[PDB]
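Contents of the following structure include varenicline.
First the proteins, then the strands, lettered A, B, ... as listed; each starts at 1. Values below: every heavy atom of this structure, side chains too, minus hydrogens, waters and symmetry copies. We count ligands from 1, going down the list as the structure has it; atoms in each ligand are counted the same way.
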Amino acid sequence: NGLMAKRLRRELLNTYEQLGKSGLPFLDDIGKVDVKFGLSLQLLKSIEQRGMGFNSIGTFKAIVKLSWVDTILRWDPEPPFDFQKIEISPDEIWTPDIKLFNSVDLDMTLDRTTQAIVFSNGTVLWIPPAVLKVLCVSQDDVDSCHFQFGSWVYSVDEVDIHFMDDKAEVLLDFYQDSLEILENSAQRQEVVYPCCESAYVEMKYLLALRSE
Amino acid sequence: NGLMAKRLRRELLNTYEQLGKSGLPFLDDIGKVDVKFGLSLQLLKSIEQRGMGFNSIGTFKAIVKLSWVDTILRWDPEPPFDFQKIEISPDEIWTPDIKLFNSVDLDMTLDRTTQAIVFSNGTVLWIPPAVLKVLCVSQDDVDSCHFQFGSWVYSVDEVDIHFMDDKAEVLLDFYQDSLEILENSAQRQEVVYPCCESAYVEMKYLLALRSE
Amino acid sequence: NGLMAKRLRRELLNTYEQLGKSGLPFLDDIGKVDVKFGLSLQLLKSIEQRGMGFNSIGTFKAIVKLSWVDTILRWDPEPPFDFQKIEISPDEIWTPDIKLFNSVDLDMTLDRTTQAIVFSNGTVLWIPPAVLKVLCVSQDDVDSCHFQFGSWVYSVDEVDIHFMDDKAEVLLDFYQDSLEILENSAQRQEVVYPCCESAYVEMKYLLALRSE
Amino acid sequence: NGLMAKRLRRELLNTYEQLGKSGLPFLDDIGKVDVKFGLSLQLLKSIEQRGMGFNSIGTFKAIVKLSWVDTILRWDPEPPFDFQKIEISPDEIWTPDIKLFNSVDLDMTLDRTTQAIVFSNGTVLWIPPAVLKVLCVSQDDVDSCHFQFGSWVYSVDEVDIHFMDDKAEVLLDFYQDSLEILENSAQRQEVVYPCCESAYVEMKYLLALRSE
Amino acid sequence: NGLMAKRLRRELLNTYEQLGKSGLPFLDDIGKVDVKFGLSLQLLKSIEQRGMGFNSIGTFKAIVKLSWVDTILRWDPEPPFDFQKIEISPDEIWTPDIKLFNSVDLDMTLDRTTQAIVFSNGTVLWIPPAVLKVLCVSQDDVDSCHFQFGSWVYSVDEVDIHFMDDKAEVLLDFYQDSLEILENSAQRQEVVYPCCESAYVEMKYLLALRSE
Ligand SMILES: *[C@@H]1O[C@H](CO)[C@@H](O[C@@H]2O[C@H](CO)[C@@H](O[C@@H]3O[C@H](CO)[C@@H](O)[C@H](O[C@@H]4O[C@H](CO)[C@@H](O)[C@H](O)[C@@H]4O)[C@@H]3O)[C@H](O)[C@H]2NC(C)=O)[C@H](O)[C@H]1NC(C)=O
Ligand SMILES: *[C@@H]1O[C@H](CO)[C@@H](O[C@@H]2O[C@H](CO)[C@@H](O[C@@H]3O[C@H](CO)[C@@H](O)[C@H](O[C@H]4O[C@H](CO)[C@@H](O)[C@H](O)[C@@H]4O)[C@@H]3O)[C@H](O)[C@H]2NC(C)=O)[C@H](O)[C@H]1NC(C)=O
Ligand SMILES: *[C@@H]1O[C@H](CO)[C@@H](O[C@@H]2O[C@H](CO)[C@@H](O[C@@H]3O[C@H](CO)[C@@H](O)[C@H](O)[C@@H]3O)[C@H](O)[C@H]2NC(C)=O)[C@H](O)[C@H]1NC(C)=O
Ligand SMILES: *[C@@H]1O[C@H](CO)[C@@H](O[C@@H]2O[C@H](CO)[C@@H](O)[C@H](O)[C@H]2NC(C)=O)[C@H](O)[C@H]1NC(C)=O
Ligand SMILES: *[C@@H]1O[C@H](CO)[C@@H](O[C@@H]2O[C@H](CO)[C@@H](O)[C@H](O)[C@H]2NC(C)=O)[C@H](O)[C@H]1NC(C)=O
Ligand SMILES: c1cnc2cc3c(cc2n1)[C@@H]1CNC[C@H]3C1
Ligand SMILES: c1cnc2cc3c(cc2n1)[C@@H]1CNC[C@H]3C1
Ligand SMILES: c1cnc2cc3c(cc2n1)[C@@H]1CNC[C@H]3C1
Ligand SMILES: c1cnc2cc3c(cc2n1)[C@@H]1CNC[C@H]3C1
Ligand SMILES: c1cnc2cc3c(cc2n1)[C@@H]1CNC[C@H]3C1
């Protein structure tokens with residue numbers, strides 16, 4: 001019943017509406033959110049030499065894949081709320097503050113008009129298109145670019161991150177370019193920053209392309 | 001009477017106001033939406049070569065034609081509501097989340113200030129201008145460009161798509177350019193993705209133009 | 001001027017706030033809006049050749065003049081609302097959905113922060129600055145550009161358009177450029193489009209400039 | 001007391017919240033606003049030749065100085081409200097609709113995130129950074145540009161403007177560039193436009209720079 | 001406990017929601033805010049010569065670190081509110097109107113989606129990514145750029161600024177680029193402007209880079 005599904009969504013989001021979306025998605029003991037992160041390269045928009053040196057600005061189109069558990073968004077799918085999943089705007093719920101740390105701009109842009117899917121067990125799946133702009137090195141007809149992703153404010157004890165499906169690499173399931181990929185690797189690291197005390201998960205990707 | 005036309009719109013949109021626009025547009029049994037989709041090319045803004053290779057970024061101006069049934073928006077056209085249709089803003093109702101998947105930008109942009117028309121039987125007709133930016137291949141004086149569209153989060157059992165008027169081609173009813181069309185074809189496919197275990201409808205268009 | 005003027009505004013706008021701005025501006029019998037439309041070229045921002053062919057993107061700065069009657073916004077200029085006119089934001093009242101049909105972008109842009117003036121008899125006068133981008137033919141030291149304007153969703157029976165001051169031409173009352181105008185004419189037509197059965201008013205301007 | 005300072009703001013703004021920001025800021029009826037206006041050039045962003053002719057688009061960074069009396073925002077500085085002034089967002093009160101009439105874009109841009117200061121007698125001082133884009137003439141190593149400002153919809157009987165501190169020139173109090181200023185004058189005129197009945201104040205500035 | 005954390009935030013923010021975020025952050029006697037300010041250069045996006053002279057527009061990516069005390073945001077860290085800190089959105093609280101005075105655009109941009117952290121004694125720590133665009137001098141293979149930061153409307157008796165950790169230099173703790181830094185110094189100045197009577201704190205940074 002369509003009415004019941006919309007009523008369900010309203011009941012679930014009432015918490016976020018009343019208490020706000022800030023803060024880890026827990027009402028009981030504060031736990032650790034483990035985010036599964038995937039980066040799916042679609043295409044290269046441009047690689048533009050910076051001045052006359054060996055560096056360049058690389059602009060990429062990708063699909064970013066995020067999954068995590070939100071215990072506030074759980075329900076028991078017994079009638080009249082027998083729904084396995086519901087679609088939800090990501091601006092109406094908590095979302096991980098994972099940012100492209102080494103963005104040449106403020107951050108990558110994610111398409112936050114795309115909906116997330118939340119399952120009855122509170123697992124959220126959000127797969128936003130993204131534009132990423134980073135500083136690359138262009139030498140010997142190769143463009144080497146790095147991407148570092150991490151939660152802005154939450155340490156490893158608050159927000160953890162692991163490769164979605166344990167695939168430590170740029171994903172090619174949405175790939176739609178003709179570029180020759182010469183390197184494609186990634187690593188998860190727990191990084192201490194000079195400004196701050198505790199450690200933060202960093203997902204670091206290295207992508208090397210043949211120059212056109 | 002004008003006031004009655006406005007009260008009708010208010011009465012119809014009350015559901016969306018109280019409950020939000022997320023979720024398939026059904027109040028009773030949740031069915032399948034079937035979107036008729038038409039892509040009407042108007043002009044080419046630019047085709048710009050990427051680096052010194054064979055690919056280029058093609059920027060197009062089009063009109064995207066969408067029609068679907070919203071059962072929430074139905075009325076008996078008996079007086080004093082004897083209106084055949086009413087105009088409504090697309091941001092006050094559910095609209096399909098159809099994205100240009102292979103956009104070089106986050107997505108194509110639709111002019112969401114343009115009104116939709118809704119008829120008394122719940123059929124919605126929305127015809128927004130659109131800007132689309134895709135990767136083309138520019139070889140031997142021919143620019144070949146693909147456009148891939150589909151619902152982001154709804155599978156074929158939830159939101160289906162068919163070509164408007166069953167015309168599987170870029171439509172030329174708004175075409176105002178001087179470019180020579182060398183190929184113009186399109187296919188509807190039900191596609192299974194690695195990430196996800198259901199099939200999604202995709203409309204894939206191929207357009208080839210004589211290069212200027 | 002004054003709190004009573006503001007109280008007058010609140011009363012006039014209560015209908016639009018309660019009922020919404022969508023729908024023809026008619027209190028009682030729904031009639032036809034007659035829009036008076038004026039296009040006043042101010043200057044050329046740029047004319048940029050498209051690739052290596054004879055077409056170009058011409059970007060213009062203009063002032064667009066619009067007037068129409070809104071019978072909802074009428075009042076008797078008697079104590080204590082003895083005002084001949086008041087200023088109102090265009091986004092608080094119905095406005096004609098008149099679009100630049102052949103825009104290379106989604107539409108021309110109008111400055112919707114500029115206020116409209118409403119007179120006690122319901123006559124609205126709104127004169128927003130505008131930026132217009134269209135495809136021109138640049139041949140033989142002449143740039144020839146067209147502009148096609150019309151209501152997006154309203155047919156001739158619903159919204160009509162006529163040239164302001166009866167001048168079927170681009171108006172030069174705000175012209176501050178040095179370009180030589182070589183051709184300047186316009187036509188009002190009632191047009192049937194392949195998608196739809198009703199006739200829509202189209203205003204088509206032809207402008208031709210000596211090239212720099 | 002800091003919370004009393006906030007209570008004062010809330011009480012002052014109550015009127016604007018209840019009645020709206022539109023309309024001249026007299027509490028109430030009869031009155032002419034007199035705006036003091038200053039244009040302080042900070043630097044040249046760029047001058048770009050238009051095509052191959054003698055015209056250019058000049059983009060400038062400036063600080064615009066505005067002051068006027070809002071009689072709605074007056075208070076007696078007696079305890080607990082013994083404040084000589086308070087800060088207020090310009091989007092919470094009426095501001096003059098003073099636009100760059102000859103803008104190549106819709107209008108100059110003002111940083112409306114910057115606060116205004118209001119004194120107890122109702123004097124408002126607002127000093128936003130601004131970006132101004134105009135069409136210049138570039139001949140004989142001189143770039144000559146003009147800037148025209150006026151209220152969009154208010155005539156001289158409604159909104160008047162005078163040069164701040166009676167300085168009829170581009171102010172250099174914030175000048176940080178290296179460009180040689182060759183001419184720098186301004187004139188206040190009362191202008192009748194063909195389109196419209198009344199006279200409107202126009203501050204017309206002339207600035208000539210030695211070309212780099 | 002998660003609910004308590006959220007209830008605490010809502011309680012702290014209740015003042016800002018009822019009275020507004022404008023005005024200095026003092027529950028009682030209005031005092032002087034002391035802002036600690038750090039600028040961490042991350043990378044150079046571009047240095048673009050302006051015209052054909054010796055000036056250039058430098059666009060930088062940085063991380064701005066800001067800290068001050070907000071007495072409104074204090075709480076006793078006693079059960080059930082035994083939390084050492086909570087994260088809060090900078091758009092729900094007062095933040096210093098610290099602007100890049102010599103910005104070539106309206107201002108530098110800060111990523112205001114990033115969360116601030118507030119400690120129980122009212123100390124707020126906010127570390128937004130930033131894009132800074134300024135005018136530089138490019139002579140003898142050196143690009144010299146200045147950056148001037150200050151509160152826009154608050155004088156020294158209202159908002160003070162001091163260098164974070166008393167390091168009067170551009171900080172290199174997030175520096176990810178290959179450019180050689182030739183000069184790096186900064187000074188805190190109290191400045192009186194011609195336009196206005198009080199003294200304002202200005203943090204002036206000098207950065208010189210080896211040209212590529
Ligand atoms: C609703 O209210 C509208 C606003 O008042 C009104 O619109 C205007 O109509 C007035 C009066 O007709 C117009 O003012 C005149 O414009 C014409 C042409 O520019 C002039 O010829 C005229 O001069 C008059 O000329 C006479 C001698 O030739 C002289 O004796 C008269 O004193 C007078 O000087 C006026 O200047 C004005 O342009 C209109 N304004 C706008 C914004 O449209 C509508 O007519 C009214 N609607 C209805 C249906 O009543
Ligand atoms: C309110 O709570 C906040 C958070 O707990 C608290 O701020 C913390 O204060 C400590 C101590 O001042 C700060 O620690 C400093 O960090 C910097 C660099 O990391 C050091 O330079 C400081 O050095 C100290 O030692 C110096 C010589 O070695 C001395 O010159 C100096 O005076 C210090 O003694 C010091 O280690 C810490 O940065 C903050 N924490 C955060 C995250 O803000 C604050 O003290 C409390 N405020 C009040 C008014 O009680
Ligand atoms: C309303 O209150 C405002 C704010 O106090 C008054 O404006 C201010 O007026 C004072 C007194 O004239 C000005 O001070 C003067 O400036 C000149 C020039 O530097 C100086 O030579 C004088 O000795 C004097 O100090 C001040 O500049 C001005 N401030 C601002 C920002 O406007 C205003 O006069 C009051 N209006 C009325 C009608 O009382
Ligand atoms: C929460 O429920 C969801 C949906 O049923 C579970 O997700 C699917 O799990 C199966 C089995 O591992 C996978 O094959 C699918 O890929 C998952 N679907 C999607 C779209 O994510 C999920 O595993 C459950 N979470 C927990 C904690 O068990
Ligand atoms: C709902 O009503 C609309 C409007 O009457 C129908 O659209 C008409 O459909 C017929 C048959 O397809 C077309 O020939 C006409 O062009 C349409 N009329 C207009 C004014 O557009 C629509 O078919 C109806 N939908 C259903 C499912 O019955
Ligand atoms: C509180 C607020 N902002 C932070 C920003 C950053 C960090 C910690 C923060 N803690 C380090 C880790 N994430 C990005 C930067 C550096
Ligand atoms: C839930 C949320 N987002 C999704 C995005 C996509 C898909 C499924 C999703 N499911 C696949 C189908 N549509 C676009 C991508 C790939
Ligand atoms: C309903 C919704 N959108 C429409 C768009 C157009 C038209 C009719 C529409 N009817 C024709 C007339 N105006 C522009 C295009 C074509
Ligand atoms: C009402 C609404 N808009 C107007 C725009 C202008 C004018 C009067 C208006 N009156 C003249 C003065 N200001 C700019 C243009 C021309
Ligand atoms: C009130 C409103 N705006 C101001 C802008 C500035 C100043 C004072 C202001 N006072 C001086 C200090 N801050 C920037 C400029 C110059």
Location of varenicline, all copies: ligands 6, 7, 8, 9 and 10
Chief binding partner for varenicline (ligand 7) by contacts (from the PDB entry): capitella teleta achbp
Chains in contact with varenicline (ligand 7) (heavy atoms under 4.0 Å): A, B
Per the PDB, what organism is listed as the origin of chain B? Capitella teleta
Please classify the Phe101(B) to varenicline (ligand 7) contact at 4.0 Å (heavy-atom distances, strictly less than): side chain, backbone, both or neither. side chain
Protein contact of atom 1 (C) of varenicline (ligand 7) - nearest heavy atom, named by residue and atom, plus distance: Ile117(A) CG1, 3.3 Å
Are any of the N or O atoms of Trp152(B) closer than 3.5 Å to those of varenicline (ligand 7)? yes
Which of these, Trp126(A), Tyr154(B), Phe174(A), has its nearest heavy atom closest to atom 16 (C) of varenicline (ligand 7)? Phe174(A)
Can you tell me the protein heavy atom closest to atom 8 (C) of varenicline (ligand 7) and the distance? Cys196(B) SG, 3.4 Å
Protein heavy-atom partner closest to atom 4 (C) of varenicline (ligand 7) - residue, atom, separation in Å: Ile127(A) CD1, 3.5 Å
For atom 10 (N) of varenicline (ligand 7), which protein heavy atom lies nearest, and how many Å away is it? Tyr200(B) OH, 4.0 Å
I'm trying to map the binding site of varenicline (ligand 7) - which residues have a heavy atom under 4.0 Å from it? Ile117(A), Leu125(A), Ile127(A), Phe174(A), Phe101(B), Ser151(B), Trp152(B), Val153(B), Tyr193(B), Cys196(B), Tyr200(B)
